2 protein chains.
Amino acid sequence: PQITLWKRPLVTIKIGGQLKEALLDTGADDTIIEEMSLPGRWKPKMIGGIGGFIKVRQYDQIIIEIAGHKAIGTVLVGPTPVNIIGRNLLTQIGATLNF
Amino acid sequence: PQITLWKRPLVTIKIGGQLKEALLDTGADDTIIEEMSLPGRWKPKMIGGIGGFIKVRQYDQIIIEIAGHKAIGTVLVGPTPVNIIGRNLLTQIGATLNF
Ligand SMILES: CC(C)CN(C[C@@H](O)[C@H](Cc1ccccc1)NC(=O)O[C@H]1CCOC1)S(=O)(=O)c1ccc(N)cc1
Ligand SMILES: [Cl-]
Ligand SMILES: [Cl-]
Ligand SMILES: [Cl-]
Ligand code: NA
């Protein structure tokens, strides 16, 4: 698609066999989702946002579909206002900003 | 142009006579710039996200040259860790996310 920005760029994602809503966020280095069960081991990560830095859980090589596009990569889990698809997975699905 | 997302999508902006570097951020509803003076009236606002909320000043009807493209709209000013061009001004320069 070509997505304009008059409203929030919200899409459906599928993770763990469940559909969720997520924000496509070019200002997010990383993908972070609200608390849920993911398989495997996790590692600690510090991420920075508007209010400061927080520690979150990092899961690697997670299968995730984004607006129908398949990705496999790093998903963080932690306190987040919305599920966020950031540049690590935006790049995998071939997203660019154009003007 | 067409901007990939392998690295942060940073551009040069001009605002209030000053050149700054800013992130083109599809996840940000409104544009937020680090502390600077702007002309006219303002009102206080709180904005939040990862790491919580910050208090900002909301200035309306501010012109900003973004990578060569002029746009007018609301500009928030406050202790953001990064200058962010949000959707309110991305729309005006015809920015889209494509994949
Ligand atoms: C969290 C989203 C929903 C909203 N933010 C936008 C995001 O793009 C935000 C931008 C940013 C980059 C680096 C440092 C600080 C902020 N990135 C962000 O948190 O990246 C984290 C999430 C995973 O990767 C790392 S916001 O800054 O809170 C915000 C809120 C309101 C307005 N008007 C403007 C900005
Ligand atoms: Cl990744
Ligand atoms: Cl505006
Ligand atoms: Cl349009
Ligand atoms: Na004004």
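Lettering of chains follows the sequences in order, A, B, ..., and the numbering in each one begins at 1. Order of appearance sets the numbers: ligands from 1, and atoms from 1 within every ligand. When the header is checked for method, it gives X-ray crystallography, 1.2 Å.
Drug at ligand 1: amprenavir. The chain with the most heavy-atom contacts to amprenavir (ligand 1) in this structure is named in the PDB entry as protease. Other chains in heavy-atom contact with amprenavir (ligand 1) below 4.0 Å, by letter: A, B. The protein atom (non-hydrogen) at minimum distance from atom 14 (C) of amprenavir (ligand 1) is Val82(B) CG1, 3.6 Å. Under 4.0 Å from amprenavir (ligand 1), heavy atoms of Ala28(A) appear from its side chain as well as its backbone.
Looking at atom 4 (C) of amprenavir (ligand 1), its nearest protein heavy atom turns out to be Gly27(B) O, 3.5 Å. Within the 4.0 Å heavy-atom criterion, the part of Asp25(B) lying near amprenavir (ligand 1) is the side chain and not the backbone. Among all protein heavy atoms, the one lying closest to atom 34 (C) of amprenavir (ligand 1) is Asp30(B) O, 3.3 Å. If you number the atoms of amprenavir (ligand 1) from 1 as listed, the ones under 4.0 Å from a heavy atom of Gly48(B) come out as 28 (O), 30 (C). Under the PDB entry, the species noted for chain A is Human immunodeficiency virus 1. Contacts with amprenavir (ligand 1) closer than 4.0 Å are made by side-chain heavy atoms of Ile32(A) only, the backbone lying farther away. The contact residues of amprenavir (ligand 1), taking heavy atoms under 4.0 Å, are given as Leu23(A), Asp25(A), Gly27(A), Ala28(A), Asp29(A), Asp30(A), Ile32(A), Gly48(A), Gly49(A), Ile50(A), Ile84(A), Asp25(B), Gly27(B), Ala28(B), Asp30(B), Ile32(B), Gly48(B), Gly49(B), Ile50(B), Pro81(B), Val82(B), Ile84(B).
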Check each N or O atom of amprenavir (ligand 1) against all protein N or O atoms and list the pairs under 3.5 Å, with atom names and distances to 0.1 Å, one per line.
unit_1: amprenavir (ligand 1); atom_1: 8 (O); unit_2: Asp25(A); atom_2: OD1; d: 2.7
unit_1: amprenavir (ligand 1); atom_1: 8 (O); unit_2: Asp25(A); atom_2: OD2; d: 3.2
unit_1: amprenavir (ligand 1); atom_1: 8 (O); unit_2: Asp25(B); atom_2: OD1; d: 2.9
unit_1: amprenavir (ligand 1); atom_1: 8 (O); unit_2: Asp25(B); atom_2: OD2; d: 2.5
unit_1: amprenavir (ligand 1); atom_1: 17 (N); unit_2: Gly27(A); atom_2: O; d: 3.1
unit_1: amprenavir (ligand 1); atom_1: 24 (O); unit_2: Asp29(A); atom_2: N; d: 3.4
unit_1: amprenavir (ligand 1); atom_1: 24 (O); unit_2: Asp30(A); atom_2: N; d: 3.1
unit_1: amprenavir (ligand 1); atom_1: 24 (O); unit_2: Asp30(A); atom_2: O; d: 3.3
unit_1: amprenavir (ligand 1); atom_1: 33 (N); unit_2: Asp30(B); atom_2: N; d: 3.3
unit_1: amprenavir (ligand 1); atom_1: 33 (N); unit_2: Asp30(B); atom_2: O; d: 3.2

